[PDB]
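Here's the structure we're looking at; comments come further down.
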Number of protein chains: 6
Amino acid sequence: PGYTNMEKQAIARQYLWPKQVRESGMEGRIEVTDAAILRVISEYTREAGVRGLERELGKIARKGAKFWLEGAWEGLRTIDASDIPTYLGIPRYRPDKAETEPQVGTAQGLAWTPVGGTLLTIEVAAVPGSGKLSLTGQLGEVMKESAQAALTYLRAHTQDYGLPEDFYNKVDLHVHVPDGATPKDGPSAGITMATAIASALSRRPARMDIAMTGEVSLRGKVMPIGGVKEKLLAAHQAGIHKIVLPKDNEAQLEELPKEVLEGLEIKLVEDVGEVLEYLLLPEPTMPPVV
Amino acid sequence: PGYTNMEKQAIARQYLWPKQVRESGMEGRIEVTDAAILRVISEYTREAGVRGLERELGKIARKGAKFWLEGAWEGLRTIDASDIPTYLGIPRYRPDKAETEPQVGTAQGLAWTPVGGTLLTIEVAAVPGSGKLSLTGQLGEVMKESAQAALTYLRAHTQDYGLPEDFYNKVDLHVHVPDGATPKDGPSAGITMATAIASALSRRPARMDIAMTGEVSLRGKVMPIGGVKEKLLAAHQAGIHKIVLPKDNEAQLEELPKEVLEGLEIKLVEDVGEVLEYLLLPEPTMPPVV
Amino acid sequence: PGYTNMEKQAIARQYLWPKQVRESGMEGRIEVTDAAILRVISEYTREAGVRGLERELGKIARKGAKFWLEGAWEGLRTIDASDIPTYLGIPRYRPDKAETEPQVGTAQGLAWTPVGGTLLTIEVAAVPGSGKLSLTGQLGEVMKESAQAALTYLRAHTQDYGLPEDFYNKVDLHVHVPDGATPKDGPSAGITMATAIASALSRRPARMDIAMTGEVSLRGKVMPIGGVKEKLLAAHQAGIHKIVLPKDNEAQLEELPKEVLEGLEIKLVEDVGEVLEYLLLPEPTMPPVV
Amino acid sequence: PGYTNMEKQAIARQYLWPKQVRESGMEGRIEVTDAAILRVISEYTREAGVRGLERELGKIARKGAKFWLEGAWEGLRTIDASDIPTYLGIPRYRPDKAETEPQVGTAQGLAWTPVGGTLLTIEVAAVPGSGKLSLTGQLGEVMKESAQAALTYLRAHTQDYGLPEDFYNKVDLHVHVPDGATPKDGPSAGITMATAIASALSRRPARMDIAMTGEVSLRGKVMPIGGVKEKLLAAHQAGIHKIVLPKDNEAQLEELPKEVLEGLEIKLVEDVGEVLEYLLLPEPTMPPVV
Amino acid sequence: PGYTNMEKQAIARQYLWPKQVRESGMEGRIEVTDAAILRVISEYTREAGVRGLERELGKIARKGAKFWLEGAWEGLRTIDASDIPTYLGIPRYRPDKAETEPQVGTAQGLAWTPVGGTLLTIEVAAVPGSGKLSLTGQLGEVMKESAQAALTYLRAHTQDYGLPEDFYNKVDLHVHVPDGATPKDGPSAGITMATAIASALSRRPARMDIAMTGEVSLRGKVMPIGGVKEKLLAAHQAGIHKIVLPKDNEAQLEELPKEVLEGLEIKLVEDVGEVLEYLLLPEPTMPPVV
Amino acid sequence: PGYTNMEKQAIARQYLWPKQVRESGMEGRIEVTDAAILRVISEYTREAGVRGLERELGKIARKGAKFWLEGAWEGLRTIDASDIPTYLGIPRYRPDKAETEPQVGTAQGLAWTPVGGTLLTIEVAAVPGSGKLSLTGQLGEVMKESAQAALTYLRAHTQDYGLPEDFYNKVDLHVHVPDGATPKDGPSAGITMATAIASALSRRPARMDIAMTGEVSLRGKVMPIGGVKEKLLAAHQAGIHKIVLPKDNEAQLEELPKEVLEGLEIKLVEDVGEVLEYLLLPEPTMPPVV
Ligand SMILES: *[B]([O])([O])[C]([C][C]([C])[C])[N]C(=O)[C]([C]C1=[C][C]=[C][C]=[C]1)[N]C(=O)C1=[C]N=[C][C]=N1
Ligand SMILES: *[B]([O])([O])[C]([C][C]([C])[C])[N]C(=O)[C]([C]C1=[C][C]=[C][C]=[C]1)[N]C(=O)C1=[C]N=[C][C]=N1
Ligand SMILES: *[B]([O])([O])[C]([C][C]([C])[C])[N]C(=O)[C]([C]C1=[C][C]=[C][C]=[C]1)[N]C(=O)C1=[C]N=[C][C]=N1
Ligand SMILES: *[B]([O])([O])[C]([C][C]([C])[C])[N]C(=O)[C]([C]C1=[C][C]=[C][C]=[C]1)[N]C(=O)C1=[C]N=[C][C]=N1
Ligand SMILES: *[B]([O])([O])[C]([C][C]([C])[C])[N]C(=O)[C]([C]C1=[C][C]=[C][C]=[C]1)[N]C(=O)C1=[C]N=[C][C]=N1
Ligand SMILES: *[B]([O])([O])[C]([C][C]([C])[C])[N]C(=O)[C]([C]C1=[C][C]=[C][C]=[C]1)[N]C(=O)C1=[C]N=[C][C]=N1
Ligand SMILES: [Mg+2]
Ligand SMILES: [Mg+2]
Ligand SMILES: [Mg+2]
Ligand SMILES: [Mg+2]
Ligand SMILES: [Mg+2]
Ligand SMILES: [Mg+2]
């Protein structure tokens with residue numbers, strides 16, 4: 001049960017969009033193309049009905065009114081599919097490529113060995129509880145301490161990231177790094193765990209088209225790591241083109257083949273706040289844990 | 001004390017069925033054969049009296065009314081024994097073959113060694129408690145972490161599977177894998193433990209005519225395993241013909257003898273939700289834990 | 001202070017028995033011999049006074065009335081000493097042979113080594129507490145897990161065996177297997193621990209003229225064990241003639257000398273419920289733990 | 001501040017004794033000698049004043065009235081020093097020999113090594129708490145389990161020995177066996193720990209002119225031990241002449257030199273209740289723990 | 001959103017300063033230069049608005065009134081940039097050199113190895129909690145005990161340092177010493193941990209232009225350490241010129257090159273109170289933990 | 001802020017002393033010299049004001065009235081500096097020699113090695129808490145058990161030493177023995193820990209001009225130790241001339257050089273109560289822990 005895509009496109013054109021436009025005060029000043037409407041449906045909603053669709057159309061109209069405040073214009077400003085991220089932010093869903101779409105409680109990390117690099121996904125669940133923490137996937141002691149440092153940083157910054165103020169005694173956290181049997185260790189997934197934990201707690205989905213590596217200090221400083229070449233090659237080979245790396249590793253980028261560096265967008269960071277701002281979509285997509 | 005099977009058959013024909021038919025609005029449109037009634041008794045009830053029997057007959061009649069809504073028909077639609085699963089679902093009891101009948105808190109898993117495969121039953125009890133978890137049967141650390149990942153997945157999906165919302169602090173769980181003395185390890189019983197735990201918590205019995213293998217991620221992804229040939233041979237040899245296997249192991253099926261593959265029905269899965277939907281009968285057969 | 005046996009015999013004949021008979025509606029239909037009365041005193045009571053005696057006489061009379069309901073008779077049905085167990089069940093006390101009389105919280109188990117078998121008593125105390133479990137007598141990890149599986153089975157079946165519904169958080173249990181210094185291990189005392197724990201919790205005494213061996217699954221399945229010959233010889237040598245053994249060990253009975261098998265009564269079991277029904281006297285002999 | 005012994009003797013003769021005699025109904029029927037009064041002071045009181053003295057004199061008079069009930073007599077029954085234990089029980093204090101006087105929370109145990117026996121004192125404190133147990137003096141695991149078995153036995157028999165019903169969650173226990181550095185192990189101080197723990201909990205002092213050895217089962221059975229010759233020689237050499245030994249060790253007594261056996265009084269026991277009845281004075285000498 | 005620096009300078013001159021001066025009773029007696037005002041903005045405030053600025057100007061004026069009380073003067077006392085620390089204390093912020101500015105919950109420690117010295121930062125977070133303590137960064141047992149001793153000292157001196165009276169059961173502490181992978185051990189960061197913990201709890205920032213080393217006793221005595229030469233060279237090389245050292249290490253200062261000793265200011269301490277008074281700015285810069 | 005010593009001397013002579021004398025009823029019967037007043041200030045007070053001074057003068061006057069009760073005298077009894085300890089007890093403060101002055105929660109212990117003896121200070125903090133105990137300074141298991149035995153003894157004797165009745169669940173204790181890195185072990189600091197713990201709990205300062213050694217039993221017996229010669233030499237060399245030693249070590253004193261024994265005052269003890277009476281000043285000098 002629900003509307004077909006055709007029905008959603010039509011009800012948006014005929015009812016939802018004109019309603020949201022007029023309620024935003026923008027009637028006659030902005031429009032959306034058919035392709036824009038379909039992109040909103042496909043990449044910004046996931047539902048049987050159209051409540052979400054209507055909310056997204058309202059966001060577009062209100063963002064239009066913001067542009068109007070910056071400066072008026074004559075005639076119709078037409079929003080096409082290519083314009084949608086300007087109004088709605090980073091796509092929330094990617095039905096054609098689901099594995100790299102944003103997800104609540106996950107983050108894409110990078111590991112290395114003497115023979116090369118490996119992508120690893122950090123998974124975190126936040127469930128009703130009492131402040132317990134589980135750390136699984138055969139994690140070594142250094143990596144476990146890294147998770148603890150990330151969690152403490154978040155406990156000290158609940159306001160900044162929109163985390164529940166009482167999660168420390170009403171939520172249990174579980175950090176898991178598949179695959180289950182393979183030992184893993186080291187401090188370089190500090191920012192990756194901070195991202196996944198913050199996502200799980202806030203219910204804001206983390207982008208999965210970005211891979212990252214960096215040690216985190218307790219106060220949130222991003223510290224240099226090893227295996228830059230191997231990790232970035234592994235990302236590139238897996239079709240990830242957006243990277244987060246510590247600022248103190250900038251010198252190691254010279255070691256990549258120019259062709260690989262060419263197809264990578266690298267964000268250098270000094271503070272974990274920069275990571276969380278880049279990785280976490282602004283709006284929660286699931287109800288609160290408790 | 002109770003009714004004989006003969007008495008149950010007769011009271012169903014004379015009182016229970018006609019009552020349920022007329023209350024469903026289907027008098028004159030549907031009938032059941034004597035063989036159908038006996039199958040309901042034998043495979044869908046387990047009781048001294050006939051309260052359960054009457055409930056099952058009501059289910060048949062209401063399912064009839066559903067078919068009527070899809071499309072009316074002229075004359076009598078007669079439900080025979082072979083038709084009963086269309087109306088009542090998968091048989092709940094198999095008095096002739098009790099060991100493969102559905103059971104609350106069990107699931108059929110598959111293990112391997114350098115010399116072949118072995119069927120292993122995962123047992124789970126859910127009892128009044130305070131959120132404690134016991135893991136017994138000489139389980140290694142990887143297998144214990146697998147149980148923890150399965151449990152966390154279920155804690156995060158209580159609505160989806162009809163689990164109690166407060167089981168995390170009102171229920172103790174105990175996962176046991178006989179036999180008691182034999183060491184066991186590995187991540188490949190993740191879906192098997194998820195099935196047994198979900199069954200115990202929901203009081204919905206898990207089918208025991210299906211054997212399964214698959215690693216589970218925290219978010220419920222089913223991940224590939226080893227020993228596909230050995231495990232499937234072991235299932236076949238034990239007379240299990242229905243298998244659940246990770247989608248990522250599809251390539252390993254080529255290794256089975258055509259004759260063995262011939263007599264196996266294999267369901268490939270990517271998400272643990274697909275497993276639980278296939279394994280767990282929809283209706284609970286025991287009262288809630290608390 | 002109390003009555004002598006002579007006084008108890010006389011007060012039973014003159015007051016207690018005729019009172020209980022007439023209150024049961026059986027005056028003139030049943031009688032007891034002097035030897036029957038003395039057996040009731042000796043094997044079914046343990047007290048200074050005669051409250052217990054009077055209760056047992058009431059049980060005899062009411063059981064008489066039950067036989068009357070099955071079918072009336074003419075004249076006097078006289079109950080002699082040999083008839084008493086038909087009316088009162090298995091003797092509760094054996095003053096001439098105290099070591100094999102039923103006891104609250106004990107069960108007779110059987111162990112083996114490369115040189116032969118050994119009887120071992122499992123002792124369990126249930127005391128006011130908070131759900132703690134102690135396991136002592138130098139028990140190995142497999143044997144400890146066996147105790148845990150037995151306890152969980154009982155937690156899941158409190159109604160079936162008349163266990164307190166809240167024992168899991170109001171009672172502490174202590175399982176001890178003397179002698180203190182000797183290491184012990186293995187899963188084959190699962191049914192033995194289930195018996196002793198159920199007895200301690202229910203305050204129903206367990207028979208000590210029966211020796212047992214069997215692994216228990218979490219759902220109560222009795223599983224095969226080793227050392228059948230050695231264990232049964234050890235029982236026989238110690239003057240125990242009643243044995244409980246897993247059904248799956250039936251084939252091993254062929255290995256016993258015909259003369260030994262001749263003097264043993266062996267009960268083959270598939271479910272722990274069969275064990276508890278055979279071992280535990282129906283009526284509690286001590287007040288509840290809390 | 002307090003009375004001198006001379007003042008206590010005189011106030012007893014002139015006021016306390018005649019008051020207690022007449023209040024007991026025994027005026028003219030019983031008397032005490034000066035030596036008897038001094039023994040009451042010295043061996044049954046420990047105080048600045050004479051409240052305790054007066055209580056003991058009342059006990060003598062009431063015990064006199066008990067003898068009167070058994071049978072009257074003509075004239076004066078005069079109680080001399082040698083008669084005092086008949087009226088007041090075992091001496092509570094021994095100012096001339098303080099180390100063997102009864103004490104709250106201690107018991108005299110016996111250990112052995114390849115070169116001989118050793119007396120060891122078991123010390124137990126019962127303090128306000130929450131059910132915690134500390135076991136110190138470099139005790140091995142078997143000896144620690146022995147303490148646990150003794151404590152559980154006492155938890156199951158609070159009525160029998162006059163222990164507080166709620167000690168399990170309002171009292172912390174600490175068992176210590178000096179000297180601090182010397183490792184100790186084994187099950188043979190089970191009765192010794194039961195004695196010291198029961199004494200500490202009940203505030204009834206344990207005799208220290210008796211040395212003991214015996215393993216305890218959970219249900220209180222006293223089980224045989226080793227090193228009988230070495231332990232009894234060690235007792236004899238230390239000037240202890242009263243021994244408690246398991247009944248099952250009776251055969252080992254033959255090994256002692258006739259001269260040593262001559263000067264030993266040995267009590268053979270089968271149940272820990274027999275030990276506690278012999279060791280613990282009937283009346284508490286300190287206020288309750290809570 | 002906020003004021004530009006130019007706007008802050010002007011609003012201070014025109015409104016904030018004259019208001020604070022007249023409210024302090026000092027109109028006509030004190031003035032501030034433009035450079036002084038800019039230093040207040042840059043080194044004593046960190047904010048979008050000017051509430052903090054106005055507070056600091058009020059502090060200057062009230063400190064002026066204090067000087068007036070010590071002795072009046074004729075004419076205008078003009079406060080220039082070089083005078084600001086006399087009025088406002090040690091600079092709170094150093095925008096040009098942020099890494100050595102004071103920070104809440106950090107302290108600069110010094111370590112050594114057989115090949116030289118190393119600066120290490122101790123990080124501490126104080127978060128809502130229940131009295132838990134985490135110690136991470138691969139710290140050895142001696143170093144962990146050192147943290148415990150520092151924390152206990154602070155628990156015993158809450159009044160002295162303005163710590164919350166209930167932090168012991170309402171706050172969790174986490175001490176972390178990056179980098180995550182490198183093992184660290186020893187007692188010589190006792191004063192360093194005391195500083196960082198006291199800072200985190202009090203929300204008073206610790207100076208980071210001072211490096212320190214010293215063992216702490218439970219009662220706060222500062223005890224001598226090793227590696228004085230290596231540690232002080234490492235400080236000097238990193239551009240730290242202010243050192244805290246135990247008084248008992250004064251003799252080791254002779255070992256430094258005269259040129260290095262020349263550019264170091266060394267504070268010798270005997271008590272941790274001297275350390276905390278030197279390191280912690282007097283006023284908190286963040287709200288309380290709970 | 002406070003009074004100068006000159007002002008304190010004068011205000012005592014002119015106001016505080018005559019007030020306290022007349023309020024005690026001793027006007028004209030007792031006097032104090034200027035030197036006595038200065039000793040009271042220096043060795044019995046530590047304060048900015050004179051509240052403490054006035055209290056001490058009141059103690060002197062009331063002690064005078066006690067002497068008067070023992071026997072009157074004619075004329076003026078003049079109290080000089082040398083007399084002050086007769087009236088006020090052992091000096092509470094020693095400004096000229098602070099390291100050996102009495103302190104809350106410390107005690108002077110003695111250790112040995114194959115090459116000689118060493119003074120070691122036991123430090124104890126009592127802080128608001130919940131009954132937790134920390135034991136630090138790299139203490140071995142025997143030494144930790146010794147601390148536990150000392151603490152239990154104190155828990156059983158709260159009335160005797162003026163300890164809080166509820167410290168067992170409202171106070172956390174921390175025992176620390178510097179230096180942090182050096183391993184320490186053995187039972188011979190039992191009395192030393194009992195002293196420091198009792199001091200911390202009672203807030204009564206322990207003398208630090210006395211060094212001690214002795215094992216403690218749970219019931220408070222002081223037991224013999226080793227290294228008497230080495231320990232006493234170490235004390236002597238450090239300028240400690242007052243020693244507490246077990247009575248059972250009296251024979252070892254013969255081994256000291258006559259010259260060393262000459263300058264030592266040795267108190268032989270059998271019970272820890274004797275130690276605490278000698279070590280702890282009678283009046284608390286700090287407020288209660290909770
Ligand atoms: B990171 O570089 O510290 C990273 C953290 C996380 C993503 C596992 N770890 C690794 O790269 C480690 C090597 C290592 C680096 C630094 C310190 C210690 C160890 N690699 C792995 O753990 C690993 C696991 N599975 C596959 C490949 N590599
Ligand atoms: B699975 O393949 O990970 C499975 C899980 C569960 C059913 C025991 N385990 C096994 O097959 C293991 C081998 C193994 C596989 C992968 C990683 C580690 C270990 N087998 C056994 O544990 C076993 C136990 N008893 C009998 C036979 N095999
Ligand atoms: B059972 O056969 O598992 C039994 C359980 C219990 C009564 C101790 N244990 C034993 O027979 C063991 C041998 C063993 C069998 C199977 C697995 C592992 C070990 N024997 C003993 O523990 C033992 C102890 N004391 C005396 C004799 N035997
Ligand atoms: B008992 O015989 O088990 C006894 C218990 C207690 C009084 C210490 N223990 C011992 O005699 C042991 C030897 C032993 C006997 C049986 C099993 C295991 C060990 N002796 C000692 O522990 C010991 C300690 N100090 C001095 C002398 N002996
Ligand atoms: B301190 O001198 O005890 C110091 C404490 C803290 C700052 C780590 N530790 C060290 O200097 C140790 C050596 C050591 C000294 C004394 C006792 C035991 C050990 N150094 C290190 O731990 C270390 C760690 N990383 C880099 C360099 N040095
Ligand atoms: B005591 O003699 O038991 C004493 C207790 C405390 C003051 C440390 N311990 C020691 O003298 C030990 C040696 C020892 C004696 C007896 C049993 C076991 C060990 N000495 C030390 O621990 C030590 C520590 N640092 C410096 C010197 N000695
Ligand atoms: Mg990484
Ligand atoms: Mg499997
Ligand atoms: Mg067995
Ligand atoms: Mg013994
Ligand atoms: Mg240092
Ligand atoms: Mg010592």
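Order of the sequence lines fixes the chain letters, A, B, ..., with proteins taken first and strands second; residue numbering starts at 1 for each chain. Start at 1 and go down the list; that is how both ligands and their atoms are numbered.
- Here, the chain sharing the greatest number of close atom pairs with ligand 4 is referred to in the PDB entry as Lon protease.
- The drug or candidate drug modeled at ligand 4 is bortezomib (bound form).
- At a heavy-atom cut-off of 4.0 Å, the other chains in contact with bortezomib (bound form, ligand 4) are listed as D.
- Near bortezomib (bound form, ligand 4) (under 4.0 Å), the structure shows the other ligands and ions ligand 10 (magnesium ion).
- For bortezomib (bound form, ligand 4), the polar-atom distance check against D:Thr213 finds no nitrogen or oxygen pair separated by under 3.5 Å.
- Close contacts between bortezomib (bound form, ligand 4) and D:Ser188 involve ligand atoms 1 (B), 2 (O), 3 (O), 4 (C), 5 (C), 9 (N) [criterion: under 4.0 Å to a heavy atom].
- Interface atoms of bortezomib (bound form, ligand 4) facing D:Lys231, defined by a heavy-atom separation under 4.0 Å, are 1 (B), 2 (O).
- Close to bortezomib (bound form, ligand 4): D:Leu110, with a non-hydrogen atom less than 4.0 angstrom away.
- Heavy atoms of D:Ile225 stay at 4.0 angstrom or farther from bortezomib (bound form, ligand 4).
- At a 4.0 Å cut-off, at least one heavy atom of D:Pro187 sits close enough to bortezomib (bound form, ligand 4) to count as contact.
- Residue D:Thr113 has no N or O atom closer than 3.5 Å to an N or O atom of bortezomib (bound form, ligand 4).
- The authors modeled a covalent bond from bortezomib (bound form, ligand 4) to D:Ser188 OG.
- With non-hydrogen distances under 4.0 Å, the site around bortezomib (bound form, ligand 4) consists of D:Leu110, D:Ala111, D:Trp112, D:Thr113, D:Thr118, D:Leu120, D:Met143, D:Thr182, D:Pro183, D:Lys184, D:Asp185, D:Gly186, D:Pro187, D:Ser188, D:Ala189, D:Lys231.
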